[PDB]
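Structure of gemcitabine in complex with Deoxycytidine kinase.
Heads up: chain A is whatever sequence line comes first, chain B the next one, etc. Numbers in chain A come straight from the PDB entry, and the residues shown are 20-64, 77-260, in order. All chain B residue numbers match the PDB entry; in order, they span 20-64, 77-260. Whatever order the structure lists ligands and atoms in, that order sets their numbers, starting from 1. This deposition comes from X-ray crystallography, 1.9 Å.
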Number of protein chains: 2
Amino acid sequence: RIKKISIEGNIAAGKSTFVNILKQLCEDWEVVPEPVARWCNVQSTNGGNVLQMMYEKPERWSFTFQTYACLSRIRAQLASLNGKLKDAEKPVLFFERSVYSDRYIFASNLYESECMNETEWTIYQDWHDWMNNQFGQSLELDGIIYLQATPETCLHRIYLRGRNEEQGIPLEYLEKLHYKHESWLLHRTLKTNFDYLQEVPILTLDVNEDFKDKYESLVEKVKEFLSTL
Amino acid sequence: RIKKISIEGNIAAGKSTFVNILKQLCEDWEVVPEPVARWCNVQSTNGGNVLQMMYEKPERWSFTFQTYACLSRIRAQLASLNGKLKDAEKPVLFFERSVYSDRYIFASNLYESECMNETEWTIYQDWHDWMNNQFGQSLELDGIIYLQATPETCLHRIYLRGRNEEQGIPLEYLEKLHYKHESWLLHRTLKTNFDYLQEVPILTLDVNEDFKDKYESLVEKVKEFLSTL
Ligand SMILES: Nc1ncnc2c1ncn2[C@@H]1O[C@H](COP(=O)(O)OP(=O)(O)O)[C@@H](O)[C@H]1O
Ligand SMILES: Nc1ncnc2c1ncn2[C@@H]1O[C@H](COP(=O)(O)OP(=O)(O)O)[C@@H](O)[C@H]1O
Ligand SMILES: Nc1ccn([C@@H]2O[C@H](CO)[C@@H](O)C2(F)F)c(=O)n1
Ligand SMILES: Nc1ccn([C@@H]2O[C@H](CO)[C@@H](O)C2(F)F)c(=O)n1
Ligand SMILES: [Mg+2]
Ligand SMILES: [Mg+2]
């Protein structure tokens, strides 16, 4: 009943900027931001900052981070499905990233960079499979919007936002994440364990230009994509 | 419908020995062993040994271990509830430990020994609360059997079994775990977040003497305890 659309993109590509203009185009649209605040101030439902711990020593903290990040995403996405959107006329829920980018882009890249060992990567995949088996269907996607930007543009945008934890991220790391996005969503050559994803419709939007000038043409392309689903 | 009973006890107190004689006293009784094999050979559903990793460097690996241990226990306990025991006449399921000892004895002791930091302990408790909120009621206990033995007796029994990963465990560690068992199950002064546990019936059995001589009197006490539930 609720249509579910994931907004995917590299660090600082403009997912939140792009989301912050959606709700005003239709009252039946809702957004689930990445729960970054559960990540920088770890609290039970002045805590530790597990995002910062991972960037300071990724070989120590990537497994713990990646596991918490994805559990907290599932909880937030489930809370939105089962809230007041449930009773609108033509409901659409836009997710800032998905459980699929958690595993196939970020967790995978850290394992390949030796920031998780074989044991951690096995436990992580086991946990991910199981959590999706319990909640997979309620969260299944109807479509994906890819906000495509160069790694160099992303590096400039990290500087523009000034989020403290991200200021040390090097271009080399953003470029690794870029090539995983391109494999998954442009070339569609990245293989996953979730067969339906190979056919899910994708809308690719180039967001390298200034948002102020590109806004109107982006909106039209989104409105048209959504008509097809 | 299924009565659920947890067998609790220190490392090498005799839980498996005690369990290995239950099924022969009644065809409607079943056992869920601690899934130690998922722990010493980590495999998706020749892997790493996460039990050994924790004992070699507990400050590095306790969070990862404790989280996997408890997820794997819940999965194994749920698989037994939803299997063929479901359709017996007077079904009883005996669990080798519970999600409550995972947190209030083992994970808690590691945090107090600085083998998990504040961030890890917060994430762990959050995960535990949430997992029990989804599966708590199906796994709720009707009774507890405490197999009580001195830490010194346990240390001798580690030597008798010869499980490779346990041979380095010092008496000081077993004694910490002993005093947590005594607080929870003898004195009943250990406070948890699960109000019903303070009234769950407990049968305490002293198992310091040789099993061969004590067997018959233990069985009678178990049969009588179970009549009361
Ligand atoms: N298309 C764009 N043109 C100019 N600035 C942008 C554009 N997209 C994002 N920004 C800016 O770049 C930074 C990162 O944007 P943000 O939406 O926080 O990215 P994300 O949510 O993808 O991490 C912010 O300073 C934001 O104003
Ligand atoms: N009451 C007992 N008397 C003599 N040996 C015991 C007794 N209980 C356990 N054992 C022995 O002690 C070791 C540990 O027993 P086990 O059942 O594996 O403990 P647990 O399951 O609690 O770790 C084994 O060698 C076992 O034969
Ligand atoms: N599975 C995920 C998801 C996101 N992130 C990181 O979270 C920060 C906020 O987007 C960004 O710094 C980030 F995207 F990289 C991550 O490391 N792993
Ligand atoms: N939550 C738990 C449960 C058990 N264990 C450990 O597992 C081994 C097999 O009982 C024993 O070495 C052990 F009991 F200590 C643990 O460290 N934490
Ligand atoms: Mg954002
Ligand atoms: Mg045992």
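- One finds gemcitabine in this model at ligands 3 and 4.
- With a cut-off of 4.0 Å on heavy atoms, the other chains touching gemcitabine (ligand 3) are A.
- UniProt substrate-binding residues of chain A with a heavy atom under 4.0 Å from gemcitabine (ligand 3): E53(A), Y86(A), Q97(A), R128(A), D133(A), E197(A).
- Heavy-atom distances to 1 Å put the closest UniProt active-site residue of chain A relative to gemcitabine (ligand 3) at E127(A), 6 Å.
- Near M85(A), meaning under 4.0 Å from one of its heavy atoms, gemcitabine (ligand 3) places the atoms 17 (O).
- Scanning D133(A), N140(A), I136(A) for the heavy atom closest to atom 1 (N) of gemcitabine (ligand 3) points to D133(A).
- The entry attributes the origin of chain A to Mus musculus.
- For atom 15 (F) of gemcitabine (ligand 3), the nearest non-hydrogen atom of the protein is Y86(A) OH, 2.8 Å.
- Distance from atom 7 (O) of gemcitabine (ligand 3) to its nearest protein heavy atom, with residue and atom name: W58(A) CZ3, 3.5 Å.
- For atom 9 (C) of gemcitabine (ligand 3), the nearest non-hydrogen atom of the protein is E53(A) OE1, 3.3 Å.
- For the ligand labelled gemcitabine (ligand 3), residue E196(A) lies outside the 4.0 Å heavy-atom shell.
- At the top of the distance list for atom 14 (F) of gemcitabine (ligand 3), counting protein heavy atoms only, stands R128(A) NH1, 3.0 Å.
- Distance from atom 18 (N) of gemcitabine (ligand 3) to its nearest protein heavy atom, with residue and atom name: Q97(A) NE2, 3.0 Å.
- In this structure, the protein non-hydrogen atom closest to atom 11 (C) of gemcitabine (ligand 3) is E197(A) OE2, 3.1 Å.
- When the UniProt ATP-binding residues of chain A are filtered for a heavy atom under 4.0 Å from gemcitabine (ligand 3), what remains is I30(A).
- As modeled, no covalent bond connects gemcitabine (ligand 3) with a chain.
- The heavy-atom binding site of gemcitabine (ligand 3) at 4.0 Å consists of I30(A), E53(A), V55(A), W58(A), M85(A), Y86(A), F96(A), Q97(A), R128(A), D133(A), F137(A), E197(A).
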